Amino acid sequence: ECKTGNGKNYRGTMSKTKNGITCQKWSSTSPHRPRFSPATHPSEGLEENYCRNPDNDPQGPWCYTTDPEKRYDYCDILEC
Ligand SMILES: NCCCCCC(=O)O
């Protein structure tokens, strides 16, 4: 939805990257094994396949992708 700062606290439901590719579920290990996930990062709200900023990357909320050749990509939430 709307994001503030780096979207650290973003809890919106975008599920596709800025490029229109659908995100992979954090709880999943295919096509990509996540290094960030609910088991390991309990407080980051890594729900489903939603865009999240677990590492606070300055480019914003991102997600693992369903493209075996694109491990992760940033999504476009609008600035609150
Ligand atoms: N800064 C976003 C990308 C982090 C890489 C993702 C990972 O391999 O856990």
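For the single chain, residues carry numbers from 1 onward in sequence order. Side chains are part of it too, since the values below use all heavy atoms of this structure and drop only hydrogens, waters and symmetry mates. Counting starts at 1 for both ligands and their atoms, following the listed order.
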Ligand 1: macromolecule with most heavy-atom contacts, named per UniProt: Angiostatin
Hey, what drug is sitting at ligand 1? aminocaproic acid
Closest non-hydrogen protein atom to atom 4 (C) of aminocaproic acid (ligand 1), residue and atom name please, with distance? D55 OD2, 3.8 Å
So, for aminocaproic acid (ligand 1), where in chain A are most contacts, UniProt-domain-wise? Kringle 1
Atom 1 (N) of aminocaproic acid (ligand 1): which protein heavy atom is closest, and how many Å away? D57 OD2, 2.5 Å
Region of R71 that comes within reach of aminocaproic acid (ligand 1) [heavy atoms, distance under 4.0 Å]: side chain
Check each atom of aminocaproic acid (ligand 1) against the heavy atoms of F36 and keep those under 4.0 Å away; list them by number with element. 9 (O)
Say whether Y72, considering both its backbone and side-chain N or O atoms, lies within less than 3.5 Å of an N or O atom on aminocaproic acid (ligand 1). no
Nearest protein heavy atom with distance in Å, relative to atom 7 (C) of aminocaproic acid (ligand 1): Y64 OH, 2.8 Å
Which protein heavy atom lies closest to atom 8 (O) of aminocaproic acid (ligand 1), and at what distance to 0.1 Å? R35 NH2, 2.4 Å
What residues sit within 4.0 Å of aminocaproic acid (ligand 1), counting only heavy atoms? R35, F36, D55, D57, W62, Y64, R71, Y72
